[PDB]
Structure formats: structure tokens, C-alpha cells
S.K.: 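Quick one: structure below, then a few questions.
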Amino acid sequence: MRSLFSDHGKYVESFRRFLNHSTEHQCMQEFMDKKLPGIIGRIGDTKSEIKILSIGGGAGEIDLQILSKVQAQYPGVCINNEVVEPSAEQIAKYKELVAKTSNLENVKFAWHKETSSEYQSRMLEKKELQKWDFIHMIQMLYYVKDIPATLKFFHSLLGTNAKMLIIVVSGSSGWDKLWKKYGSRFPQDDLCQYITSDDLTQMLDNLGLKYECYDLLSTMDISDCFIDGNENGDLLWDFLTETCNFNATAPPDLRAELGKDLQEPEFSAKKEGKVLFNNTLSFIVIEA
Ligand SMILES: Cc1nc(N)nc(N)c1-c1ccc(Cl)c(Cl)c1
Ligand SMILES: CN(C)CCCCSC(=N)N
């Protein structure tokens, strides 16, 4: 039983089934349209340049939505958007997207193929720390080894009136229930750990930082998960379990258990002839 984190194989294909089967994207887009404006309201006050740091930037969809809200709030102001991302593949697509968008003149990008850790250490070696007006870590803390040091570090880079935004699954989502109850019966991949908003808020309370946490409901249609032999439903099985071919490798005593739970009022809600795994997201805003 190997971790789906296999890398650029079943991972990607399973991920895709996750996107085209959940409101993951719409959920974040809804937050950027209704809450982001208020949040970035003063990050550029008194400045002739706005510095934005994207950790785990990814492909850039949401990144681009963020810039747009920042731009309408600060017409004419140059923006400097740096991106910290380890995967060349992700960087390639991010670049492609930029070259197709046309409202990006006052915006200059720079991409760095490295991890947030390499960034952290490599920046602790130079001179004094460069400050940022806005930093964001969207769905990537799962891949960080030392979360506390990471949160203390990046918070120390926040300039005057600056804000840091972080997004992970909610402590009240199905994932939370899925990991607590079956977390150890799933392949241990030291490349990623389980993290919910509960864990994050406790680490933030302990670090003594001031934050605000908003939850927003999202779902993942796992209807194909109850249709024996459904090849797509099997795909979702791999993403959830973080295991390749979960259906054909997992103890008959394991899956048999999951079936009953992936339907309970804690894991998923049922309606319209559908089963919707709870994908609630958390948006934490950390003040400088
Ligand atoms: C929920 C989730 N959501 C997103 N947007 N990306 C992910 N990579 C995960 C995920 C899936 C399985 C495990 Cl084991 C862990 Cl740590 C994280
Ligand atoms: C979707 N998934 C393959 C990989 C994401 C890694 C961003 S890692 C970082 N900045 N330490």
C-alpha cells in the first residue's frame, strides 16, 4: 500500500477528479469577491510600490484574482509579485497563464523554484530581511515540515499594515473526521502531513499572534464512490485515501468500514440523489 503522493502519476489524475467534482475553486473565488477587498483595504497606504509574496503560488488562478482586487483599490501603483514554488511544471503553467492575461502592466513577476524552507534559510543568510505588504499560503501547509517556525518566520516579514492569508481545510470538514479516525491506517508519506484549521489556530494561539478565521462551505460529489466498479469513483477513492488503487489493495475490512462513514452526517450530506463530502475551507488572516 503506497501513498498516492507517488508524484506526477496517479496523483495528478486523481487531483483533476477532485477539481471537476468539487466547489474548491468557486469557494475561493467567492471569498476573493466578497471578503478580500475589505482585507487588503490598507496594505498599500502611503506606498508607491506594493509587494506580494506567493508561497506555493501554484498555477496562478487565485493569484491573479488577488492582484485584480489589489489593483482596483490602488490605481496606478506598481505591484511586485514574487512566487515561491518548487515544481517547474507548476511554474510553466503559471507563466503561460500570465502571458494570456492583458490587465497586467503595473505588475512585474519573478518566479523562484525552491521550497518555502529553502527560501527561509537562504534569506536568513543574507543581510536584513526584505519586508512584504501581503503574503499568502494557499492549500500548501500540508507540505511544510516545521509549521510553527514557518509561521513565526513569514509573519516577521510583514511590513506596516501588512497581512498574511492562509487557507486549509476546516476543523469541521469531513477531512478532519476522515484523518482522525483512519489517519494511521493510511500510507505514511513523510512528504505531507494532515492539517486542519484547528491545528493551525492552536499553533497560532501558542505563538501569540493575532488572527481572524472565516469558514466557507465547499463540497465534493463522491456519488461514484457508492457505485461498485465505477472507474471515476475509484479515482476519488485514491485522492481521499492518499493511496494508489485503494479499492484493490486495502484490507476488505477497511473499505467496508469507510463505506458506512462516507455517508454519515459528519463526513457527507446526501441530497438531490447525491453524496457531498464536506469540503469546508478555512481562511485565516494574520495581522502584522
Ligand atoms: C484536502 C486537500 N485539499 C487541497 N486543495 N489539496 C490537498 N493536497 C488536500 C489533501 C488531501 C489528502 C491529504 Cl492526506 C492531505 Cl495532507 C491534503
Ligand atoms: C499539488 N502538489 C503536487 C504539490 C505542491 C507543493 C507546493 S510546496 C512548498 N512551497 N513547500
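Numbering of residues begins at 1 and proceeds along the displayed sequence. Ligands are counted one by one from 1 in listed order, and the atoms in each one are counted from 1 as well.
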S.K.: What macromolecule, as named in UniProt, provides the greatest number of contacts to ligand 1 in this entry?
M.R.: Histamine N-methyltransferase
S.K.: Would you happen to know which of metoprine, tacrine, aciclovir, nitroglycerin is at ligand 1?
M.R.: metoprine
S.K.: Nearest non-hydrogen atom to atom 7 (C) of metoprine belongs to which of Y143, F18, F277?
M.R.: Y143
S.K.: Would you say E24 has any N or O atom under 3.5 Å from an N or O of metoprine, going by distance alone?
M.R.: yes
S.K.: Evaluating non-hydrogen atoms only, which member of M140, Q139, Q193 is closest to atom 16 (Cl) of metoprine?
M.R.: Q193
S.K.: Out of all atoms in metoprine, which are within 4.0 Å of some heavy atom of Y142? Include the element for each.
M.R.: 16 (Cl), 17 (C)
S.K.: Which UniProt substrate-binding positions in chain A have any non-hydrogen atom closer than 4.0 Å to metoprine?
M.R.: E24
S.K.: List the residues that UniProt gives as binding S-adenosyl-L-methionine in chain A and that have a heavy atom under 4.0 Å from metoprine.
M.R.: none
S.K.: Contact between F186 and metoprine, counting heavy atoms under 4.0 Å?
M.R.: no
S.K.: What part of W175 sits under 4.0 Å from metoprine if we count only heavy atoms: the side chain, the backbone, both or neither?
M.R.: side chain
S.K.: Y11 heavy atoms, cut-off 4.0 Å: which metoprine atoms fall inside?
M.R.: 8 (N)
S.K.: Provide the number and element of each atom of metoprine under 4.0 Å from a heavy atom of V169.
M.R.: 1 (C)
S.K.: Define the binding site of metoprine with a non-hydrogen cut-off of 4.0 Å.
M.R.: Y11, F18, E24, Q139, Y142, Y143, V169, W175, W179, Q193, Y194, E242
